[PDB]
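Data block below; observations after.
Residues: numbered from 1 along the sequence shown. Reckoned from all heavy atoms, side chains included, excluding hydrogens, waters and symmetry mates. Both ligands and their constituent atoms are indexed starting at 1 by order of listing. Determination method: X-ray crystallography, 2.7 Å.
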Amino acid sequence: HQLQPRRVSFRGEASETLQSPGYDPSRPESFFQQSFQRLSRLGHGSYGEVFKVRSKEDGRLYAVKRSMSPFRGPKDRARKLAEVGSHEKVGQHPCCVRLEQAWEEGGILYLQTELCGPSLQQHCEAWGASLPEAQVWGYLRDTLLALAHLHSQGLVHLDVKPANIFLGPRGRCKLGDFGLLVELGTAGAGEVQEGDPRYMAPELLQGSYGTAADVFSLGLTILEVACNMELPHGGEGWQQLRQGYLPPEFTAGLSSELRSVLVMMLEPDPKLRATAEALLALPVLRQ
Ligand SMILES: CN1CCN(CCOc2cc(OC3CCOCC3)c3c(Nc4c(Cl)ccc5c4OCO5)ncnc3c2)CC1
C-alpha cells in the first residue's frame, strides 16, 4: 500500500489532499506524472532534476524540481523540506522567483516554482562575449532589490551565483534557488552551509556570515558576467579576490562607475562592505 502525496507547507493552513485534473488517486503513476506534462529537462545534478512542465490544473508553465532518491531518514527529510520553508519565508517579490507549491510522494520532494528565462550563467555562455553594461547594471540592480528584500527580513541567501539569477524577460531578472537560505538567529532545522566556493565571502573561511556575504557573492557574480571571465576555485587568484585586490587583468572594458561599485561590494571587511540598501540608494542605480 502507498501513502498519498501530501502538500509540504509551513504556513499552518489545513492538512489537505492534492487533487488535480488528470490525477487519479487510484492509478499507480505519481501525482507529478498524472497532473503535469513534462516538456523538457531544464537540468540535473545530485539534487535530482528540474523539468519544464505544463500544469493540467491551470494550463500554464512552471519549473518542477524533483529530488533524486527517497529521504534516507527523518533528519534527511527535515533538511530537504526546509527548502520549502525558506522559499515561503521569502514571500512575494518581483525580483524573487515565486514558489507555486510543493509536495512529497514516495520520499521524493517536488518543488514547483514559476518558469523563468535562462539563468544568467546560461545567458552568458550563450552571449559569447561580455554582456552590454546596460544589461549588467540592470542585473546588478534587480538582484540588489532581491537581496534588500531578503536582508530586511533577516534572511541570507548564502549561495548567490550566476546560476541562481534568472533572466526575467526583459531585461529584468529574479533571484531563486533558496535551498541554503537561513533566517538569522532562529536557525535551524538544519545547520547552515557555505555556498559555491567560487563566490564565497572571505569571512566564511572562519565561520562568520551575515547579510554582507550575499553582497560579496553578488559582487563576484557581476564581475564574472561583465568581464566574461571565469573565477578561480582556489589559489592566490582566489585569495587575492578576497583581499580587496583585483585580478591583475583588472576588469578592463568596465567603466570607472561599475568598477568602483564592485569594489564596495568586494570589500574584505564585512563591516565596511556596502549594504544593498545603500547601494540601491546610489544614483547610478535608480530605476
Ligand atoms: C535551451 N533553453 C531551454 C529553455 N530555457 C529557459 C528556462 O531555463 C530555466 C532553467 C532552470 O534551472 C536550470 C538553471 C541552473 O540550475 C539547474 C537547471 C530554472 C529553474 N531552476 C530551479 C532552481 Cl535553480 C532551483 C529550484 C527550482 C527550480 O525550478 C523549480 O524549483 N527554475 C525556474 N526556471 C528555470 C528556467 C533556456 C535554455
(message) Can you remind me what the drug at ligand 1 is called?
(response) saracatinib
(request) Give the name, as used in the PDB entry, of the chain with the most heavy-atom contacts to saracatinib. (result) Membrane-associated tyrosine- and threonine-specific cdc2-inhibitory kinase
(message) So, for saracatinib, where in chain A are most contacts, UniProt-domain-wise?
(response) Protein kinase
(request) Using heavy atoms only, determine which UniProt active-site residue in chain A is nearest to saracatinib and give the distance to 1 Å. (result) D159, 9 Å
(message) Quick check, please: with a 4.0 Å heavy-atom cut-off, which UniProt ATP-binding residues in chain A are near saracatinib?
(response) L42, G43, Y47, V50, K65
(request) Enumerate residues in chain A that UniProt marks as binding Mg(2+) and that sit less than 4.0 Å from saracatinib by heavy atoms. (result) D177
(message) Mind telling me which species the deposit lists for chain A?
(response) Homo sapiens
(request) State the binding site of saracatinib (non-hydrogen atoms, cut-off 4.0 Å). (result) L42, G43, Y47, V50, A63, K65, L111, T113, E114, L115, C116, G117, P118, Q122, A163, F166, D177
